[PDB]
Colleague: 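So I pulled up a structure with iclaprim in it.
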Amino acid sequence: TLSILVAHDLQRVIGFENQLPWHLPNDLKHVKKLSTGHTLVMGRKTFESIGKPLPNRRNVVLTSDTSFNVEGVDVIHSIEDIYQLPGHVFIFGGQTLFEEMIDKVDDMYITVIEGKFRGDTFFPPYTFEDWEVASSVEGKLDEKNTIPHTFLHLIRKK
Ligand SMILES: NC(=O)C1=CN([C@@H]2O[C@H](COP(=O)(O)OP(=O)(O)OC[C@H]3O[C@@H](n4cnc5c(N)ncnc54)[C@H](OP(=O)(O)O)[C@@H]3O)[C@@H](O)[C@H]2O)C=CC1
Ligand SMILES: COc1cc(Cc2cnc(N)nc2N)c2c(c1OC)O[C@@H](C1CC1)C=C2
């Protein structure tokens, strides 16, 4: 199973200066629940943003750099390697990966951040005429999660 996993704001911002624009623990907890025990596929810049492989799952980085060899990371070098990997693979970012994979994945786990952030990287446009809402669940606000957000699970129609 091939999934996108992504947080994006009302204008589909995903990124600013190689970090997330928002502070939102609940969504990182969401990511953790989903991807633990499974595989993340991520491009190099995104990996460099996370810095270390995420515990307790397979971390796969897509890069052209054949020097690349990082303890705890699998390297692949073309998009097409993605479809080898076994099990539930989450496409994990960034803009270039989402743009490359969005027409190819079975389904997407999106967190809509109900906010307008300044960004420099974006999730590509998509339509609900294409994507059916398997679930929509409001995140809870609290001291430490103070931006409204909705967990969507969307499945390619038809
Ligand atoms: N909100 C969210 O859910 C998430 C947001 N982000 C954000 O996304 C942004 C990063 O996106 P972006 O800047 O596009 O970078 P990416 O993380 O998508 O990585 C870009 C790099 O990935 C590698 N790559 C991509 N496609 C290929 C390919 N087909 N073959 C070989 N290598 C490939 C290249 O690495 P190289 O040049 O080394 O060869 C390329 O430079 C950041 O701002 C980050 O904060 C990231 C993940 C999640
Ligand atoms: C671009 O930066 C990040 C992207 C991401 C990617 C990411 C974040 N949020 C969502 N919903 N999907 C994603 N694909 C993460 C992330 C990032 O910064 C550390 O942090 C980690 C937390 C510490 C364990 C997890 C994810």
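Index from 1, following the sequence. Note that ligands are numbered from 1 as they come in the structure, with each ligand's atoms numbered from 1 the same way.
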Colleague: In terms of chains or ligands, where should one look for iclaprim?
Modeller: ligand 2
Colleague: Name the macromolecule with the most heavy-atom contacts to iclaprim (ligand 2) in this structure, as UniProt names it.
Modeller: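 The chain with more contacts than any other is Dihydrofolate reductase.
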Colleague: Counting only heavy atoms closer than 4.0 Å, does iclaprim (ligand 2) sit against the backbone of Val31, its side chain, both, or neither?
Modeller: side chain
Colleague: Tell me, which protein residue and heavy-atom name are nearest atom 2 (O) of iclaprim (ligand 2), and how many Å apart are they?
Modeller: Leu20 CG, 3.8 Å
Colleague: Considering heavy atoms of the protein only, find what lies nearest to atom 21 (C) of iclaprim (ligand 2) and give residue, atom and distance to 0.1 Å.
Modeller: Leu28 CD2, 3.9 Å
Colleague: If you take the residues UniProt annotates as binding NADP(+) in chain A, which of them have a heavy atom under 4.0 Å from iclaprim (ligand 2)?
Modeller: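 Sure - UniProt-listed, with a heavy atom under 4.0 Å: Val6, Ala7, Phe92.
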Colleague: Taking the residues UniProt annotates as binding substrate in chain A, which ones lie under 4.0 Å from iclaprim (ligand 2), judged by heavy atoms?
Modeller: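 Those UniProt residues with a heavy atom under the cut-off: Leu5, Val6, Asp27, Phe92.
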Colleague: May I ask you to check if iclaprim (ligand 2) and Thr46 share an N or O to N or O distance below 3.5 Å?
Modeller: no
Colleague: Examine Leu54 against iclaprim (ligand 2) and note whether any of their N/O atoms are separated by less than 3.5 Å.
Modeller: no
Colleague: Between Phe47, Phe16, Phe92, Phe151, which one has a non-hydrogen atom sitting closest to atom 15 (C) of iclaprim (ligand 2)?
Modeller: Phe92
Colleague: Looking at chain A, which UniProt domain houses most residues near iclaprim (ligand 2)?
Modeller: dhfr
Colleague: Within 4.0 Å (heavy atoms only), which residues surround iclaprim (ligand 2)?
Modeller: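 The heavy-atom site around iclaprim (ligand 2) is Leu5, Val6, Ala7, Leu20, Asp27, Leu28, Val31, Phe92, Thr111.
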